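Structure, varespladib included.
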4 protein chains.
Amino acid sequence: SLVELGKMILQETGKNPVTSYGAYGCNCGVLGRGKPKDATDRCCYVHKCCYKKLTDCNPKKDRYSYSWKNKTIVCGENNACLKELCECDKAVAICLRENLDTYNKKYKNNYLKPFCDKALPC
Amino acid sequence: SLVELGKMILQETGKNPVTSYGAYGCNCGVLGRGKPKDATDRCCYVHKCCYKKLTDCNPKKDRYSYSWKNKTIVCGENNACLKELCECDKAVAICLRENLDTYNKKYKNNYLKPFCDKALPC
Amino acid sequence: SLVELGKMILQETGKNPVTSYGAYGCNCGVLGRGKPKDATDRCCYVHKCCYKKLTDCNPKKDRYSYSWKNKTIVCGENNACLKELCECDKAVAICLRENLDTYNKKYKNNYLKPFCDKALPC
Amino acid sequence: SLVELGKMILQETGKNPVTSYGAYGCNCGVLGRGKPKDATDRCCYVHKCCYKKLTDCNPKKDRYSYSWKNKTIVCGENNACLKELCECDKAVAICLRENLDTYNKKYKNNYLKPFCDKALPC
Ligand SMILES: CCc1c(C(=O)C(N)=O)c2c(OCC(=O)O)cccc2n1Cc1ccccc1
Ligand SMILES: CCc1c(C(=O)C(N)=O)c2c(OCC(=O)O)cccc2n1Cc1ccccc1
Ligand SMILES: CCc1c(C(=O)C(N)=O)c2c(OCC(=O)O)cccc2n1Cc1ccccc1
Ligand SMILES: CCc1c(C(=O)C(N)=O)c2c(OCC(=O)O)cccc2n1Cc1ccccc1
């Protein structure tokens, strides 16, 4: 769920998911995909494509278990959908950390929302 | 201060410092040094010796700054006491994480109140 | 920003950046690039080309942190743009020092403005 | 003179000579030699011994010339006493930089006369 996702983002990046990624670019924290504005935005674009493959479980509200071992996210062996859901959130946490260097303050808090292009298919 | 120390332990080990290390063995959390019970206890033994050589500041109360970059603790530059105080806290966070493999709840002071021998000098 | 740049130039060259480089040649301190009149001028040409690559921050007005360690300018860790900015400024301060030998006061005070040719592209 | 000495210290160490070294340990910035408290203090003890040999001039008062060339203090030529005086000052500026790693503001007198033993002779 968003509980697990937010904890992974903070564990990997050290940032509050809401204040830093609540509405960044055309994809991060908002509903629906748009053409990404930068690399951080593209992380959330891929993550939304990860989610849409997952029927038989609810990515937004379904809880799951994971552990933080050797400063690494380790998805607990689980249901197929829950395991894949955990691997979706782990990928976007790593992706957001990796692109902190080009994180741009001008893209937060839905400054880009009126300018967002229609997204290409996943 | 204990504020920064607590966040480093959380970021490195993934554990709550109060529940996991608030009173563990003969050195972790408790006041004063004793002969260590295991590898985790020895981390806190070393950390307490690290604090002992700091005289120009109050290790428990004085605040400093540090960064979480690439899942690594990076101490902020400061005067001798505050910088070395940050380094004391960093080494114990890494040490406790490295020794999670042998962390044993039997050394938590709430499971069994350990009999602690007089510590050797630092 | 110019505050950090001016301190670097003083630290490296020992010269006041305003009085020595406020309007030197066809590139130093003045607006716009021109064909360099000497090696000092070319330092500022390269520096202006360095700035032109930076589009995610404001090279003239954005602050950054650096320190003086072992008589070396050491750029503090930041985002990609601010780190590249600091490295642009460190490089021009260093370049200006290396070419103090051929510094010509005849090129000061924007005397060469009618002599400035179109520069080669960056 | 002290004017040239203070400029050297700022150039080499990056520190304000008054606020960092104006009364530090048993030798730095105070009158007379004492048993050094640490490596920084020892730099000032050695420097005071350097001044002791300069009888043909006035170390604190007499001016001399030096240049900041390639981030090196270069004493200008002069008579024996004044050239030796500049080299005394250059040496203490270098010594203080080299020992910034163990600088500790705990040794600043802060207008309380510390316990100072009689120094070894020189
Ligand atoms: C970038 C972080 C993010 C999402 C992403 O990781 C992302 N934009 O992909 C996301 C999200 O995405 C899933 C989806 O769109 O269904 C939906 C809703 C909020 C979303 N926050 C913000 C957040 C998450 C967890 C705790 C606190 C804040
Ligand atoms: C192992 C964690 C620890 C200490 C150590 O790291 C350790 N035992 O060395 C320590 C401590 O030690 C310093 C000293 O003895 O002055 C004193 C008091 C509490 C101490 N907690 C618990 C804690 C720290 C920070 C936030 C919340 C809880
Ligand atoms: C050569 C020094 C210099 C610039 C350069 O280093 C240079 N010509 O590249 C520069 C400058 O250049 C950046 C740009 O044109 O955007 C713009 C404005 C002033 C500029 N001073 C003068 C100065 C710098 C810092 C403090 C005080 C005076
Ligand atoms: C450590 C710096 C220092 C002295 C030394 O370098 C040192 N303690 O040797 C020293 C000093 O020493 C020479 C002597 O006692 O005759 C005498 C007086 C002040 C002295 N400041 C402080 C200072 C010097 C220059 C400008 C501003 C502040």
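Chain letters follow the order of the sequence lines: the first is A, the second B, and so on. Using the numbering of the PDB entry, the residues shown for chain A are 1-122, in order. Note that chain B carries the PDB entry numbering, so the residues on display, from first to last, are 1-122. Sequence positions for chain C are given in the PDB entry numbering; the residues included correspond to 1-122, in order. Numbering of chain D is taken from the PDB entry, so the residues present carry the numbers 1-122, in order. Per the header: X-ray crystallography, 1.8 Å. Just follow the structure's listing: the first ligand is 1, and inside any ligand the first atom is 1. Note that these values count all heavy atoms, side chains included, but never hydrogens, waters or copies made by symmetry.
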Identify the main binding partner of varespladib (ligand 1) here and report its name as listed in the PDB entry.
Basic phospholipase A2 homolog BomoTx
Identify the other chains in heavy-atom contact with varespladib (ligand 1) at a 4.0 Å cut-off.
A
Provide the residues lining varespladib (ligand 1) within 4.0 Å, heavy atoms only.
A:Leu2, A:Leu5, A:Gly6, A:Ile9, A:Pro17, A:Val18, A:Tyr21, A:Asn27, A:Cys28, A:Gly29, A:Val30, A:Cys44, A:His47, A:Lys48, A:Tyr51
So what's the source organism for chain A in this PDB entry?
Bothrops moojeni
I'd love to know which residues UniProt tags as binding varespladib in chain A are close to varespladib (ligand 1), meaning a heavy atom under 4.0 Å.
A:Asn27, A:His47, A:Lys48
What atoms of varespladib (ligand 1) come closer than 4.0 angstrom to any heavy atom of A:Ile9?
2 (C)
For A:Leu5, atoms of varespladib (ligand 1) separated by under 4.0 Å from a heavy atom:
4 (C), 6 (O), 24 (C)
Need the varespladib (ligand 1) atom indices (1-based, order shown) with element for anything under 4.0 Å from a heavy-atom of A:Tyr21.
1 (C), 2 (C), 22 (C)
Polar atom proximity, A:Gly29 to varespladib (ligand 1) (N or O, under 3.5 Å):
yes
Backbone or side-chain N or O of A:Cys44 under 3.5 Å from varespladib (ligand 1) N or O
yes
At a 4.0 Å threshold, what atoms of varespladib (ligand 1) neighbour a non-hydrogen atom of A:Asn27?
8 (N)
